[PDB]
Structures are given as C-alpha cells and as structure tokens.
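Section: structure with estradiol.
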2 protein chains.
Amino acid sequence: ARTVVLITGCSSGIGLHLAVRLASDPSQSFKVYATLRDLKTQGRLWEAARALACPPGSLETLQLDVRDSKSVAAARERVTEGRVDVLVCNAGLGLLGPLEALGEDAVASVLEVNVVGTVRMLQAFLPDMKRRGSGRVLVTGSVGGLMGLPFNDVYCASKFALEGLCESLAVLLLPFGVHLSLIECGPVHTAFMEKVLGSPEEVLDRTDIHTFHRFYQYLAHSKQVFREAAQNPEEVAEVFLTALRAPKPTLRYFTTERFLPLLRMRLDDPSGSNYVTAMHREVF
Amino acid sequence: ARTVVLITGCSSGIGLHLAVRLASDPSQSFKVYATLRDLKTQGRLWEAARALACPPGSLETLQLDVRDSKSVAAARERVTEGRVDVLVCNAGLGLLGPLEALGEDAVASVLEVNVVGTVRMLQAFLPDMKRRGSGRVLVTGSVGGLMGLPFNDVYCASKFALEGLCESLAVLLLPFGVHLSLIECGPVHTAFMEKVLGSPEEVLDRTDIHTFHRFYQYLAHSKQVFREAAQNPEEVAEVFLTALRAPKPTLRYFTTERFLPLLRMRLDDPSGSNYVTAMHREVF
Ligand SMILES: C[C@]12CC[C@@H]3c4ccc(O)cc4CC[C@H]3[C@@H]1CC[C@@H]2O
Ligand SMILES: C[C@]12CC[C@@H]3c4ccc(O)cc4CC[C@H]3[C@@H]1CC[C@@H]2O
C-alpha cells in the first residue's frame with residue numbers, strides 16, 4: 001500500500017541508498033520494491049535496512065534483469081499492490097578505456113543495460129501510468145550525459161542516449177499527467193569507483209603507448225576530481241526525494257552546481273570547439 | 001590512389017549523394033569506396049554515377065554490414081590502397097511511433113546500427129589513423145541528436161548517443177592529428193521520408209486513443225516542417241565537403257541555421273522546462 005515505488009539496480013550505489021532511504025522514511029508512506037539482477041547480492045541491502053530499522057513490509061526485493069523483457073514482465077506481476085506510483089530507472093554500467101581496447105560485447109552490454117533496459121522498463125510501466133493519468137518516473141542521469149569525457153566514450157554515449165530518450169517522452173507526457181525527471185549526478189563517493197579505474201598491461205597490448213600514456217593522465221586527473229568533489233550518497237539520494245515530492249517537477253535536477261560553468265561554455269559555442277579545447281587542457 | 005574515402009550506407013540518402021559527389025569531382029582527387037548492406041541495392045548508385053559521368057575507377061562498391069564486425073574487417077581488407085584517409089560514418093535507421101508501440105528488436109536494431117555500428121567502424125579504422133598521425137572521420141548527425149522530438153524517442157536516443165561518443169573521442173584525438181566532425185542535418189528532401197510517416201490501425205491496437213491522436217498531430221506538423229524546410233541533398237552533401245576540406249575543422253557543422261534559436265533556449269534553461277514547454281506548444 002502507500003506510495004508504491006519500484007527501483008532498479010539496488011545492490012549498491014545510489015540505488016541501494018535510495019531504497020533504504022525511502023523505506024525508512026519517518027512518515028512510513030512508501031512501499032519499496034528494490035530489484036536486483038542477482039539476489040545473492042541482496043545482503044548489503046538487508047544489512048543497510050536493518051541499520052536504519054526499516055519497518056517490516058516497507059521493503060521487498062525482486063530479481064529483475066533489465067536485459068530481459070521476460071524478467072521485466074514477471075517482476076511487474078510481483079507488485080501485489082498492482083500499481084507503481086514512482087518508477088526509478090537506476091540500473092547502469094560504466095566502461096573505461098580507449099575505444100579500440102573495449103570488447104564489442106562490453107560495448108553491447110552497456111547500451112543494452114543503460115539504454116534499452118530503460119526502454120524495456122518504460123514500455124512495461126508507461127501505459128498504465130498514462131491510463132491512470134498519473135505516475136512519476138525518475139531516471140539516474142550523469143553529467144557525463146551532458147558533456148563528453150575522454151576514455152568514457154561508450155559510457156557517455158549511453159548517458160547522452162537517456163537524455164534524448166527522456167526529453168522526447170517528456171514533450172509527449174506533459175498532457176498525460178505523468179512526470180519524468182532526470183537526476184544529474186556528478187561523482188558520488190564510491191570507493192569501488194576509484195579502484196575500478198586502473199588498467200596497465202591488458203590495456204597496453206590493445207592500444208598504443210601514446211593513448212596508454214593519456215589514459216594514465218586521465219586516471220590521475222579523475223582521482224583528483226573524485227577526491228575534491230565526490231558527494232555523499234545521502235546528499236544525492238535526497239535530491240531524488242526533492243524531485244519525487246515536487247508538485248510540478250522540472251526535467252532536470254542537478255545534485256551539484258560545480259559542473260554548470262563547464263556546461264555553459266558548451267552551448268555558447270555550438271560548434272563544440274571551445275569545449276573540446278577547454279576539456280583537453282584541463283584533463284591533459 | 002588519391003584521397004581514399006570510405007562511406008557507409010550508400011544505397012540512398014546523403015550517402016549515395018555524397019559518394020557520387022566525391023567520385024565525380026572535377027579535380028578527380030578522391031577514390032571512393034561506397035559500401036552497402038545489400039549489394040542488390042547498388043543500382044541507384046551506379047545509375048547516379050553514370051549520370052554524373054564518374055571516371056572509371058573512382059568509385060567502388062563493397063558490401064558492408066555494420067551490425068557485423070566480421071563484415072567490417074573483411075571490407076577493410078578490400079581497400080586495395082591499404083589506407084583510408086576519410087571515413088564517413090553515415091549508415092543509420094529511423095524509428096517513429098509511441099515508445100510502447102515499438103517492438104524490442106526494432107529498438108535493438110536502431111542502437112545496434114546507429115551507435116554500435118559506428119563503434120565497430122571506429123575500432124577498426126581509428127588505430128591506423130592514430131599511427132599515421134592523420135585521418136578524418138565525418139559522422140552524419142541530426143538536430144534530432146541535439147534536442148528531443150516527440151515520437152522519435154529511440155531515434156533521438158541513438159543520435160544523442162553519437163554526440164556523446166564523438167565529443168569524448170574528440171577531446172582525446174585533438175593531439176593525434178586525426179579530425180572528427182559531426183554534420184548536423186535538418187530534414188533533407190526524401191520523398192520516402194514523408195511517406196514512411198503514417199501508421200493508423202497497427203499503431204492504434206498497441207497504444208491508446210489519446211497517444212494515437214497525438215501521433216496524428218505530430219505527423220501533420222512533421223509534414224509542414226519538411227515541406228517548408230527540407231534541404232537539397234546537394235546542399236547537405238556539400239557541407240560534408242566543406243568539413244572535409246577545412247584545415248582546422250570544428251566538431252560540428254550545421255547544414256541549416258533555422259533550428260539554432262530553438263537549441264539556444266535549450267541551454268539558457270538547463271532544467272529543460274522552457275524547451276519541453278516550447279516544443280510541446282509548437283508540435284501540439
Ligand atoms: C560522469 C561522472 C561525473 C563527472 C566526472 C568528471 C567531471 C569533469 C571532469 O573534469 C572529470 C570528471 C571525471 C569523473 C566523472 C564521473 C565518472 C562517473 C560520474 O557519473
Ligand atoms: C530529426 C530530423 C531533423 C529535425 C526535424 C524537426 C525539427 C523541429 C520540429 O519542430 C519538428 C521536426 C520534425 C522532423 C525532424 C527530422 C526527422 C529526421 C531529421 O534528421
């Protein structure tokens with residue numbers, strides 16, 4: 001009962017943090033369906049849930065594989081309330097390394113999960129929301145979906161894709177009463193994030209010494225930005241709640257304002273020259 | 001010999017028009033490899049080539065299926081000059097209709113062709129260009145890759161994806177001497193384009209009467225813009241040549257300036273509200 005919320009990718013990151021934040025809310029007004037690709041990773045969620053003493057029945061875990069429309073439909077049947085008021089499309093994958101070093105299947109997976117996965121969720125849940133004339137969909141964005149970043153080619157491709165998919169739907173949904181918002185996250189404190197970055201030899205034999213040397217420089221710079229600007233998951237997760245509660249929500253919510261100046265010079269020059277130059281000088 | 005150019009998707013559209021435009025150039029300085037997914041569609045290309053009296057040996061057709069890395073590699077071996085100076089990533093698919101009415105495989109194909117296909121081409125051809133310290137890659141963009149359009153959700157997703165993939169690479173390639181440019185096309189006179197649009201019943205039984213009614217309104221509006229603003233393929237194809245010849249090319253080349261005001265109000269308001277409102281009022 002209550003405001004039924006369904007979130008994808010709750011085994012860590014803002015997803016897990018958002019589920020427990022909702023389920024543990026003092027008002028006890030949200031019933032939460034935290035979905036995970038592999039249930040064997042539900043431990044963290046439950047330990048975090050017990051840590052915030054979430055009332056029994058405010059949090060339920062479902063196995064949902066966004067790469068499978070059959071998994072998406074089945075999970076939709078498990079929603080006992082037979083209604084979803086807030087859908088949070090959060091599941092996502094990252095990809096780092098020179099374009100030529102990335103395996104084809106890896107590239108195919110990031111699009112499949114990040115973009116198509118979100119398409120599968122919306123196809124399954126959008127119809128009913130339009131029929132009711134109400135619903136809210138929140139999508140986890142990234143400033144990497146607002147500007148291109150070296151060595152994150154395919155990652156930015158998928159995030160830029162969400163921006164376009166969402167802006168299009170938004171124009172159409174305006175009259176149907178269903179709201180759609182993107183939460184533009186900058187870097188969020190994920191120790192695992194700063195540890196995933198770092199690939200010597202394996203990358204070296206699949207690229208050239210000059211691209212490799214550039215990858216190193218990018219990694220060094222990346223570590224700096226993360227350290228000096230990574231936000232608390234609690235700060236980010238709360239933005240999801242600000243959007244979620246806004247009577248007339250905007251299409252975009254920015255969790256931080258530090259990256260806004262770099263985005264402005266990106267439009268003052270539609271030819272992309274200024275940006276490409278500024279970003280290169282700053283990263284190299 | 002000469003400036004070797006390889007283009008994808010030459011069975012019609014700007015691709016075909018660009019190949020013959022290059023191969024027939026008075027200076028006879030371009031050797032052209034026009035690739036097609038199905039060779040049985042090479043007729044038009046050849047008839048157009050004969051119409052512009054292209055010298056023998058200035059145009060060669062190769063079957064290249066961008067959805068297959070095996071096809072991409074094989075075609076790369078057919079390049080007798082053993083070098084590619086200008087790669088034009090043009091192959092692409094469109095998709096129209098309410099998100100919920102689009103089949104999953106159709107959505108998967110547009111990303112596979114438009115985005116991954118471009119990834120497969122760059123992985124195969126980027127390395128060599130970096131090793132030489134020179135090369136030019138031109139990618140066919142769309143203003144639908146710069147702003148979201150109702151009923152073109154997945155199409156805009158794929159075009160927004162190219163924008164992100166390219167802006168990222170650009171930042172990295174700046175020092176390697178290889179140039180990458182996007183050609184932002186508005187609508188181009190394609191009779192087939194205005195005839196593809198239009199789907200009653202089939203769409204109706206896979207959506208609701210209100211979305212259907214909106215689809216109709218969008219189609220009506222789409223027909224107007226095309227009629228009042230579609231450009232000649234010769235005008236667009238020439239932009240590809242302006243980029244191709246620029247000593248220091250920019251990241252973006254716009255074939256028309258009419259859509260620039262609508263793009264400006266899109267950044268003056270990063271929350272996306274103004275744009276979503278303006279585009280809805282204009283389209284509905
Ligand atoms: C795209 C992200 C936000 C923007 C970050 C940024 C922003 C600007 C910059 O100069 C470098 C970086 C490196 C890490 C990036 C992040 C990686 C994941 C995160 O979502
Ligand atoms: C995205 C395209 C350019 C922009 C066009 C536009 C631009 C603005 C607008 O008000 C409506 C349309 C409808 C058709 C669109 C086109 C469909 C294909 C073309 O590339």
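Residue numbering restarts at 1 for every chain, and letters A, B, ... go by the order of the sequence lines. Read the numbers this way: they start at 1 and go in the same order the structure lists the ligands and their atoms. This entry, so its header tells us, was determined using X-ray crystallography, 2.3 Å. Worth knowing before you read on, the calculation uses all heavy atoms, side chains too, and leaves out hydrogens, waters and symmetry mates.
The chain sharing the greatest contact count with estradiol (ligand 2) is, according to UniProt, 17-beta-hydroxysteroid dehydrogenase type 1. Other chains with a heavy-atom distance under 4.0 Å to estradiol (ligand 2) are given as B.
In this structure, residues within 4.0 Å of estradiol (ligand 2) (heavy atoms) are B:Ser142, B:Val143, B:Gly144, B:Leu149, B:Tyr155, B:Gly186, B:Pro187, B:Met193, B:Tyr218, B:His221, B:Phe259, B:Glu282. The nearest protein atom to atom 1 (C) of estradiol (ligand 2), hydrogens excluded, is given as B:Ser142 OG, 3.2 Å; this is a heavy-atom distance. Between estradiol (ligand 2) and the UniProt NADP(+)-binding residues of chain B, heavy-atom distances under 4.0 Å are seen for none.
On a heavy-atom basis, rounded to 1 Å, the UniProt active-site residue of chain B that sits closest to estradiol (ligand 2) is B:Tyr155, 4 Å.
Ligand-side atoms of estradiol (ligand 2) in range of B:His221: 9 (C), 10 (O), 11 (C), range being under 4.0 angstrom from any heavy atom. At the shortest separation from atom 15 (C) of estradiol (ligand 2) among protein heavy atoms lies B:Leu149 CD1, 4.0 Å. Close contacts of estradiol (ligand 2) with B:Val143, meaning ligand atoms under 4.0 Å from a residue heavy atom, involve 3 (C), 4 (C). Distances below 4.0 Å separate heavy atoms of B:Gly186 from the following atoms of estradiol (ligand 2): 3 (C), 20 (O). Nearest protein heavy-atom neighbour of atom 17 (C) of estradiol (ligand 2): B:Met193 CE, 3.8 Å.
The deposit names the source of chain B as Homo sapiens. Within estradiol (ligand 2), the atoms closer than 4.0 Å to a non-hydrogen atom of B:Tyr155 are 1 (C), 20 (O), numbered from 1 in the order shown. Atoms of estradiol (ligand 2) lying under 4.0 Å from any heavy atom of B:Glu282, numbered from 1 in the order shown and given with element: 10 (O). The nearest protein atom to atom 8 (C) of estradiol (ligand 2), hydrogens excluded, is given as B:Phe259 CE2, 3.4 Å; this is a heavy-atom distance.
UniProt lists residues of chain B as binding substrate; of these, a heavy atom under 4.0 Å from estradiol (ligand 2) occurs in B:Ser142. Atoms of estradiol (ligand 2) lying under 4.0 Å from any heavy atom of B:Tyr218, numbered from 1 in the order shown and given with element: 13 (C), 14 (C).
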